[PDB]
Enquirer: 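Here's one more: a structure with PKC412 in it.
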Amino acid sequence: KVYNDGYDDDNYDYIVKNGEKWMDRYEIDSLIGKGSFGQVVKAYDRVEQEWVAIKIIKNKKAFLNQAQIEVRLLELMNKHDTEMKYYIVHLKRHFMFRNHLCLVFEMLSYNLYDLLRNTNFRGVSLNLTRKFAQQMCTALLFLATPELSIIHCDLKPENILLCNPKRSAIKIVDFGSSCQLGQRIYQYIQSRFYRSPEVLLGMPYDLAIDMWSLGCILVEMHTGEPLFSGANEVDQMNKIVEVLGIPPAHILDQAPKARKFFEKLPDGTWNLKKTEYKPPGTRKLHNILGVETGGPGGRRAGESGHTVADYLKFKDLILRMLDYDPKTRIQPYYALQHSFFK
Ligand SMILES: CO[C@@H]1[C@H](N(C)C(=O)c2ccccc2)C[C@H]2O[C@]1(C)n1c3ccccc3c3c4c(c5c6ccccc6n2c5c31)C(=O)NC4
């Protein structure tokens, strides 16, 4: 039982070895990430004299073909001149090495989930959250470039990395599972916590599903907990409704999976199917954010930049991101014009 001459394990993953030299160029330091696609390695590039992250794709057609699509999107994105591209992780180059496709990315620092973990899931300031909010909106404006029209499709704290551990600059990484506007190919998409209503109801969707994700992420960044932490899709929708109420009838009348979560009563209105929740719309975002009670858990009482006014602008922006209708849900260009960023 030997795989690819001893270089691979039984999952077609490359057996990583610390200190290994590739092509008299890359000095492999250690394994820093792992996934179904394969592995991510820290390394030093002798030619450019810089630390890089090498994503080593499994030696398997399924995963190689997926990675070739990633490479297309990244190169497509990195070609565009506009400065909005410096919120996407840079793909420096790619190559084949002992039958594994290898993507060389710039090396970034911690991810926003690490950040939350350090606070013991109590969150970061509204002032830091604003900075992240603006940069993420700018990155979405970029993905909305008509010639790109890219749906990241899986936005979450662990996919948003800091450039430098002492600055607020962030970049979105991992477009491996990244949809693109067009004919619908997929329906089970996004990570559950950040999955939009249109996806849950099996409806048409577009770039607006990333905006939904962002709304959930920003609240999470300031409280430290996920806004909608569903253990399954029923739980997920039920938690969304707690805060936002029953979705509008005109959406549910069209929703193919409306009946997974709701029933249409004889009077024509929609209610939740019974399955431990607060009534629709009664777990108010106002109170989740602690608008008038000194922020979440009162921990921001007396910190500057956390007044009622400051919280009202943030709350308003968030609600416009969590619009049930993806046609009127706020768009990136308008997000950046909001009072919360002035
Ligand atoms: C996005 O981070 C992933 C890894 N997660 C976030 C996890 O394993 C986590 C899952 C759940 C909860 C917490 C972490 C961290 C690590 O490897 C992963 C696979 N990666 C990928 C995957 C796909 C494309 C690009 C990357 C990168 C990249 C980097 C990266 C990392 C840098 C430093 C430490 C860890 C680390 N990682 C990185 C990573 C990177 O610097 N550039 C691209």
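Just so it is clear, chain A uses the PDB entry numbers, and the residues here are 134-408, 414-480, in order. Whatever order the structure lists them in is the order used to number ligands and atoms, beginning at 1. Excluded from the calculations below are hydrogen atoms, water molecules and symmetry mates; all remaining heavy atoms, backbone and side chain alike, are included. When the header is checked for method, it gives X-ray crystallography, 2.6 Å.
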Enquirer: Determine the main partner chain of PKC412 by heavy-atom contacts under 4.5 Å and name it as in UniProt.
Expert: Dual specificity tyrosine-phosphorylation-regulated kinase 1A
Enquirer: Can you tell me if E239 contacts PKC412 (heavy atom of the residue under 4.0 Å from the ligand)?
Expert: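 Contact check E239 vs PKC412: positive.
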Enquirer: Give the residue, atom name and distance (to 0.1 Å) of the protein heavy atom nearest atom 14 (C) of PKC412.
Expert: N244 ND2, 4.1 Å
Enquirer: So which protein heavy atom does atom 12 (C) of PKC412 come closest to, and at what separation?
Expert: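 Of every protein heavy atom, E291 OE1, 3.5 Å lies nearest to atom 12 (C) of PKC412.
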Enquirer: Within the structure, does at least one protein heavy atom fall under 4.0 Å of atom 19 (C) of PKC412?
Expert: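 True for atom 19 (C) of PKC412.
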Enquirer: Would you say atom 4 (C) of PKC412 makes contact with the protein, given that contact here means a non-hydrogen protein atom less than 4.0 Å away?
Expert: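 Within 4.0 Å of atom 4 (C) of PKC412, no protein heavy atoms are found.
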Enquirer: Starting from atom 40 (C) of PKC412, which protein heavy atom do you reach first, and at what distance in Å?
Expert: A186 CB, 3.6 Å
Enquirer: What's the shortest distance from atom 17 (O) of PKC412 to any protein heavy atom, and which residue and atom give it?
Expert: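 Going by distance alone, atom 17 (O) of PKC412 is nearest to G166 CA, 3.2 Å.
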Enquirer: My question is simple, although I want it checked carefully: is atom 7 (C) of PKC412 less than 4.0 angstrom from any protein heavy atom?
Expert: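 No; the ligand atom in question lacks any protein heavy-atom contact below 4.0 Å.
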Enquirer: Considering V173, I165, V222, which one's heavy-atom position lies nearest to atom 26 (C) of PKC412?
Expert: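 Going through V173, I165, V222 one by one, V173 has the nearest heavy atom to atom 26 (C) of PKC412.
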Enquirer: At the 4.0 Å heavy-atom cut-off, does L236 count as touching PKC412?
Expert: no
Enquirer: Can you figure out which of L245, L241, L294 has its heavy atom closest to atom 30 (C) of PKC412?
Expert: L294
Enquirer: Return the UniProt domain name for the region of chain A with most contacts to PKC412.
Expert: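 According to UniProt, it is Protein kinase.
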Enquirer: Mind telling me the UniProt active-site residue of chain A nearest PKC412, with the non-hydrogen distance to 1 Å?
Expert: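 Using non-hydrogen atoms, the nearest UniProt active-site residue is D287, 9 Å.
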Enquirer: Per UniProt, some residues of chain A bind ATP; which of these have a heavy atom under 4.0 Å from PKC412?
Expert: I165, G166, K167, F170, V173, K188, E239, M240, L241
Enquirer: Look up the source organism of chain A in the entry and report it.
Expert: Homo sapiens
Enquirer: How is the binding site of PKC412 composed, by chain and residue number, at heavy atoms under 4.0 Å?
Expert: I165, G166, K167, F170, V173, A186, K188, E239, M240, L241, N244, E291, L294, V306, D307
Enquirer: Could you go through PKC412 and note, for every N or O atom, any protein N or O atom closer than 3.5 angstrom, writing the atom names and distance to 0.1 Å, or 'none'?
Expert:
unit_1	atom_1	unit_2	atom_2	d
PKC412	41 (O)	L241	N	3.0
PKC412	42 (N)	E239	O	3.2

